[PDB]
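Every chain is numbered from 1 and lettered A, B, ... according to where its sequence line falls, protein lines coming before strand lines. Contacts here are counted within a displayed part of the entry, not across the full deposit. All heavy atoms count here, side chains included; hydrogens, waters and symmetry mates do not.
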Amino acid sequence: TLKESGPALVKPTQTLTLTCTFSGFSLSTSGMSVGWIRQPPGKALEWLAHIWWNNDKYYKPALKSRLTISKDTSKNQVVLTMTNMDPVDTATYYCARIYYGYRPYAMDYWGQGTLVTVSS
Amino acid sequence: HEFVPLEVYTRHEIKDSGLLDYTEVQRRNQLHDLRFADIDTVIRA
Amino acid sequence: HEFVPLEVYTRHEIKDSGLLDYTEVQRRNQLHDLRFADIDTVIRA
Amino acid sequence: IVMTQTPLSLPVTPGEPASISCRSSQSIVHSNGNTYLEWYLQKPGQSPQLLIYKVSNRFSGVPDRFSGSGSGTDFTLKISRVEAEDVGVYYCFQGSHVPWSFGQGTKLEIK
Amino acid sequence: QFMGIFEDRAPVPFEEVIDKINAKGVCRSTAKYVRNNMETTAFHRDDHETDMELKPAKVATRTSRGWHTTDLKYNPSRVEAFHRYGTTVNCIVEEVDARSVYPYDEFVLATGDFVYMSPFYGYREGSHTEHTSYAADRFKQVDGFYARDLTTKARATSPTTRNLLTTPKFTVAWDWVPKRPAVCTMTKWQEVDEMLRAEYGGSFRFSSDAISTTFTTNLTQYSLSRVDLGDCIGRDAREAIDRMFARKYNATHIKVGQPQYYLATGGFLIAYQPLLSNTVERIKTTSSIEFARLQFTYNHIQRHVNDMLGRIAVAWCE
Amino acid sequence: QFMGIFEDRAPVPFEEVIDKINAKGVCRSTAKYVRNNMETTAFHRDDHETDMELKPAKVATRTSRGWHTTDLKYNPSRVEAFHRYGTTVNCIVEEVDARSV
Amino acid sequence: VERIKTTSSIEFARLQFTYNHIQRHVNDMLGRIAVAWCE
């Protein structure tokens, strides 16, 4: 139910924006949270950020200075922004939904994910 | 024989015998902003 | 037979059952100037 | 808390039990008294799916072959009878303490 | 001459609580806050923004720790016959006690201010259904929080879940615990080694010679599910019974079945563990146990005389 | 920056109670009252006298009914490097309990 | 040097007195009967 939208080709040292469209839940219910995850090609999954229904955003400390996650419930979407793009960040980005509000398991439903490559 | 629980005054009676309760007064007074005002709105012009 | 003194709630328990106590609140609040401020100093200029 | 999933590659003949172990630098115990360590599986060209949550609970739609155990800083996924469809990458993920992290993940091989 | 002294209390934003105070041990010298539907900013000493250290407050008897940045109020420099304004911003931190009562949907601080939120509001497993009176953006639960004591300046190793709320006046923070295993509507009051239980007249009489007290209960057990927030009774009763049995009756008696629960007149919940020799509502409790004591007394004497006189009768007869 | 917030509670005159609030359900937007032995008038929103409706106050748990006219504090329009004063009058009506001994 | 804490309910002591009084009487009176019986 979580869509993935993002520039497939971004030049180095530029801002990147993404988008995750929901279905069957709104980021306005008392216990919804949505997280953005990254996986470099052939490397392990890497958690980046997650936002709660109340604009409580949590980032990865290494990438804290660059990531910026925002939510717009009117369009029912989450926008993940990552400034200063770096060819090391060429990877597949996933959008996940968390039931820590309701269940002890997080990241049940994943989007298909979008591959973003950093090159000129 | 059965002895039923008997008492002249309960805790509720003794506590309410106070003309004012500081807790109740403060509880009702500090909701003044929540009730008769809007905390969150910011008007900038 | 020996009856040991038995009581459901003490004076301390009943007094602490109160959510707020005016005496303690005022006592702590009026020390605010003594703790987080300097009463005695005078600065003239 | 950093998760260390071992071994990195686990070649296992079908029908034989398989073991994955990951360790954290610090206890993943939360103030709830629960350890939110969960195992996810990513199949080739597919979005990863949750297998196990809270160490020893199997997610809905997961067969009994997968079983988690452990505590403190050590945790172990055990597959009693590996099958053909068990091929993929396995991750152990701690959610108790922000920041969250995944392990290095282990790739299953069938011999 | 003082022509007016506007004294206000402003909350410290989260990004200043976590990044500055808890991490560096310093606090900003400017207070930027919304008051009376207007975003005001106050600069300390009418000067530029600065990071100021938090030093321990002056010692007062029977008071918790406190830290503050400025100790002297700033007043305007003298200018002849001119009204002049002077600002003083003092960043204060106070460890306080907080108290809540049933249904624990709002709690109080030791300063007499209220925070209109359940102490157990949170993010995990229904911890967001607890009552809240503030906007959702005023709350922030930092999971895995490393508290740094401002005196010893040492970071705590074990993380804790820290709720933070920015009320219009101040900002409270407290460790988060689940509601169900923390509160209880019943308190363990007494531990009775020898509680003799008898059945009579469709009622159970529990007599304790140690404290000289007799309770009367209906024949049926008490449904423990009926007690609101009754998660503590089982644990406390089990632990107490196990300790007490180990202390006294391990070598002579054995437990008989699971501990049972009965309700005694006046609102007393008795957990009873029978022994054999080797051969959703809230209960209101009366404030005076005396009646029960009387009963036991009236029982005791009565029983004895109803024995002795009876023997005399027989002794007379023969 | 706020340089001072004088907050006071003025009484509602009788003729403003029976004629206006109890009858028409509205309250005047100017508070005229005696304070510190001087007759003072506060005009809401620095404007003309007006009749304003009494709408119910926001709901609070275990609280009696309440009505108010204004929901936002009025603050002066921004003017560079000037002290500016802004008046706000909120007419409040509250059912309360009274206890005597 | 310590400050003594006093219970708020004297009733127990009163109970004791009552239980003493009756008891003493019957412990003295019944006893007579016993003697009077035996003889």
Practice task
List the macromolecule sharing the largest contact count with chains A and D, named according to the PDB entry.
Solution key: Envelope glycoprotein B
Practice task
Return the drug name for chains A and D.
Solution key: HDIT101
Practice task
State which other chains have a non-hydrogen atom nearer than 4.5 Å to HDIT101.
Solution key: E
Exercise for the section: Using 4.5 Å as the cut-off, state which chain of HDIT101 shares the most heavy-atom pairs with chain E. Expected result: chain A
Exercise for the section: Using a non-hydrogen cut-off of 4.5 Å, give the epitope of HDIT101 on chain E. Expected result: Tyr121(E), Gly122(E), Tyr123(E), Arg124(E), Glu125(E), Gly126(E), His128(E), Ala136(E), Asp137(E), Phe139(E), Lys140(E), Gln141(E), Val142(E), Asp143(E), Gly144(E), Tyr146(E), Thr157(E), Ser158(E), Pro159(E), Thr160(E), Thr161(E), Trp176(E), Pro178(E)
Practice task
Identify the paratope of HDIT101 for chain E at a 4.5 Å heavy-atom cut-off.
Solution key: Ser30(A), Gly31(A), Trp52(A), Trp53(A), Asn54(A), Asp56(A), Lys57(A), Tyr58(A), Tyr100(A), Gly101(A), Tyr102(A), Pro104(A), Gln26(D), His30(D), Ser31(D), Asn32(D), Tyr36(D), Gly95(D), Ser96(D), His97(D), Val98(D)
Exercise for the section: Specify how the entry names chain D. Expected result: HDIT101 Fab light chain
